[PDB]
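Drug on board: talazoparib.
Along the sequence shown, the residues carry numbers beginning at 1. Read the numbers this way: they start at 1 and go in the same order the structure lists the ligands and their atoms. The basis for the numbers below is simple: all heavy atoms, side chains too, and nothing from hydrogens, waters or symmetry mates.
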Amino acid sequence: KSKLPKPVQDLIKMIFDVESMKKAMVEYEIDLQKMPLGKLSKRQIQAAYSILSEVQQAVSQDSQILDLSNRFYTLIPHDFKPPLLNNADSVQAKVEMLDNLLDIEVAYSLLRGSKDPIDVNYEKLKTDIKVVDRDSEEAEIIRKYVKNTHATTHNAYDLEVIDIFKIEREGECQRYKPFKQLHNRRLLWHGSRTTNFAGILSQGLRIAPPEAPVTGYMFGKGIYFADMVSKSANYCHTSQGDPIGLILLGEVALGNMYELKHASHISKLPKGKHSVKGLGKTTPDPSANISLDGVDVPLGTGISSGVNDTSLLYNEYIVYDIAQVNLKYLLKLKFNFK
Ligand SMILES: Cn1ncnc1[C@H]1c2n[nH]c(=O)c3cc(F)cc(c23)N[C@@H]1c1ccc(F)cc1
């Protein structure tokens, strides 16, 4: 029997849920026979990324695109008439599929490679996880952040916080050290599919590989965060059939922000800048900022930023070095769909 709190045990089950892994693969139309969880290979996936990059290029300028489509389906067997990879959104969906596959492989490997099994798998995450007491001020601050920064245009659901966890990944403090005293450190959201979280906890937030198409990345390949909970929660890809999601709060060392109103695929920041801020029309009210253990929490309700000429409804924040993030909390959220 495990010594871990029930909420933590429930999180471990959730994150190592093999059935969720398989359901995801069925929804992607992957052939589970020909490409089982244990068989996923880093080198095949890398080659698949490159083919998707060639596809995107061929689309941007009918026979050759059929052949590339087929080369992709040979590398990543599907179980379908096979849809042509002939537009940016289709390509993007396959890239996101490959990302999700990669983290699923990580989860499956950890799982397969005397004590209660929940405890054995907990240890494999190499992450200290503690429950934040529902009645603490810490929890209250976090619930406020969730409540106040739900955007008015994300009306498909409300959020309810079920559990709040405090997390410390092995090695992250040391890795974050050079950034620990950069100025402008902010507690920001990052949402991702549940089936990615074993990978995220064991390896941290990562940046897309060189081989991946840049298409879809408004500010280039980086790690993206929001100051509005719902903007991030949308990337949980929850649904009525699976309405429980996981979302992170990260301390992000933003330093001097390169403020942008429109897409720009950053390959190198201007010297002296440490992050990108995509400027939204709505921003959390600066007067309501609260410090939490030295870090600003922009938990104000949304007001007008005064920026009209922008591509974005809400802010986003991007860093280009994985060491500029120190993960602090993990929330289990129930999405109540309307
Ligand atoms: C899909 N994805 N994969 C890695 N990162 C993400 C997204 C993202 N994930 N999670 C967040 O919380 C987030 C919060 C934002 F303000 C903005 C975000 C994100 N945009 C990122 C984005 C969107 C489309 C795209 F093609 C590439 C990147």
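Bound to talazoparib (ligand 1) with the most contacts here is the chain that the PDB entry lists as Poly [ADP-ribose] polymerase 1. Atom 25 (C) of talazoparib (ligand 1) has as its closest protein heavy atom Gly216 O, 3.1 Å. Counting protein heavy atoms under 4.0 angstrom from atom 14 (C) of talazoparib (ligand 1) gives one or more.
For atom 22 (C) of talazoparib (ligand 1), no protein non-hydrogen atom is found at a distance below 4.0 Å. The PDB entry identifies the source organism of chain A as Homo sapiens.
Short version: no covalent link from talazoparib (ligand 1) to a chain. Counting heavy atoms under 4.0 Å from talazoparib (ligand 1), residue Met218 does not touch it at all. Nearest protein neighbour of atom 17 (C) of talazoparib (ligand 1), counting heavy atoms only, is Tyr224 CB, 3.8 Å. Atom 2 (N) of talazoparib (ligand 1) is never approached by the protein to below 4.0 angstrom, counting heavy atoms only. Counting only heavy atoms of the protein, atom 4 (C) of talazoparib (ligand 1) lies nearest to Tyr217 OH, 4.0 Å. In chain A, the residues that UniProt lists as binding NAD(+) and that have a heavy atom under 4.0 Å from talazoparib (ligand 1) are these: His190, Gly191, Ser232. Here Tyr314 has no heavy atoms under 4.0 Å from talazoparib (ligand 1), in either its backbone or its side chain.
Nearest protein heavy-atom contact of atom 19 (C) of talazoparib (ligand 1) is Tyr235 CE1, 3.5 Å. Near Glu316, the atoms of talazoparib (ligand 1) lying under 4.0 angstrom from a non-hydrogen atom of the residue are 16 (F).
Checking only distances, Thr215 never comes within under 3.5 Å of talazoparib (ligand 1), N or O to N or O.
Only the side chain of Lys231 comes within 4.0 Å of talazoparib (ligand 1), counting heavy atoms alone; its backbone N, CA, C and O stay farther away. Talazoparib (ligand 1) lies within reach of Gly191, whose nearest heavy atom is under 4.0 Å from it. For chain A, the active-site residue flagged by UniProt that comes closest to talazoparib (ligand 1), at the heavy-atom distance given to 1 Å, is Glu316, 3 Å. Each of the following atoms of talazoparib (ligand 1) lies closer than 4.0 Å to a heavy atom of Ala226: 16 (F). Per UniProt, the domain of chain A home to most contacts with talazoparib (ligand 1) is PARP catalytic. Below 4.0 Å from some heavy atom of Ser232 lie the following atoms of talazoparib (ligand 1), by number and element: 11 (C), 12 (O), 14 (C). For talazoparib (ligand 1), the residues with heavy atoms nearer than 4.0 Å are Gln92, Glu96, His190, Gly191, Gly216, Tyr217, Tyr224, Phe225, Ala226, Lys231, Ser232, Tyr235, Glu316.
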Pairwise, report which nitrogen or oxygen atoms of talazoparib (ligand 1) are under 3.5 angstrom from protein nitrogen or oxygen atoms, and how far apart they are.
residue                : atom   : partner : partner atom : Å
talazoparib (ligand 1) : 10 (N) : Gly191  : O            : 2.9
talazoparib (ligand 1) : 12 (O) : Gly191  : N            : 2.9
talazoparib (ligand 1) : 12 (O) : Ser232  : OG           : 2.8

